[PDB]
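A deposited model with dexamethasone.
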Amino acid sequence: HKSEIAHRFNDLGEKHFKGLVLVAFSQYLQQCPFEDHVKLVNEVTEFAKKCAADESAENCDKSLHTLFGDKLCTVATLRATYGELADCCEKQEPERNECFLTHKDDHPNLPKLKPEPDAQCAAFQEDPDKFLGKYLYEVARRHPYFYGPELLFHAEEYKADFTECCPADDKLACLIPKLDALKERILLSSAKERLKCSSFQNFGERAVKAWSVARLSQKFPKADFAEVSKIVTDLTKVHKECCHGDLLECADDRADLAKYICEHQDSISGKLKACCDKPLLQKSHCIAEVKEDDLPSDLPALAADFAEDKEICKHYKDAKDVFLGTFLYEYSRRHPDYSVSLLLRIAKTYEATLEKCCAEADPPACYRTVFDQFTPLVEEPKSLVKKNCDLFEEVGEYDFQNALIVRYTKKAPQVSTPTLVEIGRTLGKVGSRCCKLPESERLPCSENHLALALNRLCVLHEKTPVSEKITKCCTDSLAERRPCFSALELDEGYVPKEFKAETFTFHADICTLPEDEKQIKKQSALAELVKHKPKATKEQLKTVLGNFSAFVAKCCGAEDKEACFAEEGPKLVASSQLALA
Ligand SMILES: C[C@@H]1C[C@H]2[C@@H]3CCC4=CC(=O)C=C[C@]4(C)[C@@]3(F)[C@@H](O)C[C@]2(C)[C@@]1(O)C(=O)CO
Ligand SMILES: CCCCCCCCCCCCCC(=O)O
């Protein structure tokens, strides 16, 4: 109470306290060296130990924001590396942290970590605390809004992988599959949390509560409304704190919520038992990623209370938010086969009916057939997910990505090529993950992951706005975000980008790139072909990229690579224009 840092240190323990502060500094200061950050963590850990022993000691009565924010401004390489970030230090709290958070880089362009099993299993023994410590540093700086306590968990997933594989003869065959899967889990985790932080920023905590009521109601249909409301309230406060960089307060409140859920597990979900017999980080993660519980047999029809009841306006008038919260809980728990956006869309439609009906002469007659408005809202995304999986299953991942790059480049040609390539590549991998699932699990998978990919586009677009359409879709409404983007079409009055030959000129440098980086260069060229020829068919673009593809493979196989590229390049560049007419 007297000393907050004393409280956090005592509650969290040294390793996790240090760990979260290393992650904290790594997110705020993303280009600072590892060894520099290690000292800053030690200097804070040092001071926290003094306060826990004697809370009356100087500076111990200050808030963690102040104490952390003060330590950030004493960084010697602050003005040199980060520039404008040093201007924030002149401002006072709470405006100083708000200033720091804006200067977090969502796209830091950092070296793509190669999994080198010979180098790392050896480095795991050379300096182990440096190893697991550096892993936290590297993930944190590439993902400045990554869920702090969730990153500590991934570091222990990292630890366990090396201790299991390094002993074995073939270190590569064991480690690579395990590490490859972890990179996929980290990108998804980063994406999930960024949408929580984005929702706070753009739509406030009411939007974050609504989303969570829907998701946890699906996860815990056995749980009553007062439990879901309690868990949502506590969990919203947790994500608010983490998203504002208060990782220590975030981590402590998260541990309290883990304890609560597990002390009341029988009346929340039968699927939590395994989770609650685990250490804090394993327990917390297991709760967050818990599979949905079996549906209760004893639930009545919704219409009885939400269409038929004659005192619905009375319920609505006195307690607007609570009664809508009640509707979302009841609709969500029955429909785990629905996306969270679809549930929030339905709930927004219900509110809209009551605002208009309780004003009219005969309200009961008005909101009698409110459930008829939902059937078309359900069918639209069902139709979209079918067409995309039908396309994916036919043409496979790479060609599905290319089809989506063309789709989104036409929707927004003003958006930077790297941004368009990223969402096309992301949404293609969603095809791989989601389409191989049963129909009931497929819609939520696709549309939930789509929301994460659209948020990424909105985050990158917010930093550097180019389109008013994209701004409107990104800022209007979170529930209506997917519909808004789905509706986007090629601007009739779009001025084609003028032809630059250098943009479509390849060299021998491409041959030495890893396959992923090789595809990005070709997929970057595809986006540019669309920007130059926006009225070209997807089938014309598929063919021209196939020629570029064949041209690269040929010259990268040639005895004289640079000689091949010099001769063949301009010929293909010239014919490609005529082909896209
Ligand atoms: C869970 C409840 C119910 C929520 C509402 C459910 C219906 C709805 C759907 C939307 O697409 C946008 C806003 C609303 C209309 C809503 F999401 C927000 O207003 C926030 C809300 C009241 C809530 O989140 C609270 O804040 C409760 O106090
Ligand atoms: C509106 C987005 C719907 C689908 C998102 C599913 C993936 C999980 C991300 C969690 C982010 C929650 C968003 C929020 O805080 O409102």
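Residue numbering in chain A adheres to the PDB entry, whereby the residues present occupy positions 3-583 in order. For ligands, and for the atoms within them, numbers begin at 1 and follow the listed sequence. Structure determined by X-ray crystallography, 2.4 Å.
Taking every instance into account, the structure holds dexamethasone at ligand 1. The macromolecule with the greatest number of heavy-atom pairs within 4.5 Å of dexamethasone is, in UniProt, named Albumin.
Looking at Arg208, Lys211, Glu207, it is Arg208 that brings a heavy atom closest to atom 21 (C) of dexamethasone. Of the listed options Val215, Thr351, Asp323, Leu326, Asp323 places a heavy atom closest to atom 27 (C) of dexamethasone. Grouped by UniProt domain, residues of chain A touching dexamethasone are mostly found in Albumin 2. Scanning the protein for heavy atoms near atom 9 (C) of dexamethasone, the closest one is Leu346 O, 3.4 Å. Here the heavy atom of the protein found nearest to atom 12 (C) of dexamethasone is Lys350 CG, 4.5 Å. Within the 4.0 Å heavy-atom criterion, both parts of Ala212, backbone and side chain, lie near dexamethasone.
Near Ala349, meaning under 4.0 Å from any of its heavy atoms, are these atoms of dexamethasone: 7 (C). In the vicinity of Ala481, heavy-atom distances shorter than 4.0 Å reach the dexamethasone atoms 11 (O). By the definition of a contact as any protein heavy atom under 4.0 Å away, atom 14 (C) of dexamethasone is not in contact. In the vicinity of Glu353, heavy-atom distances shorter than 4.0 Å reach the dexamethasone atoms 15 (C).
Taking a distance limit of 4.0 Å, we find that atom 3 (C) of dexamethasone is approached by some protein heavy atom.
Residues in other chains coming within 4.0 Å of dexamethasone by heavy atoms are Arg208, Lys211, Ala212, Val215, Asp323, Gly327, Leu346, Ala349, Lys350, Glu353, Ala481.
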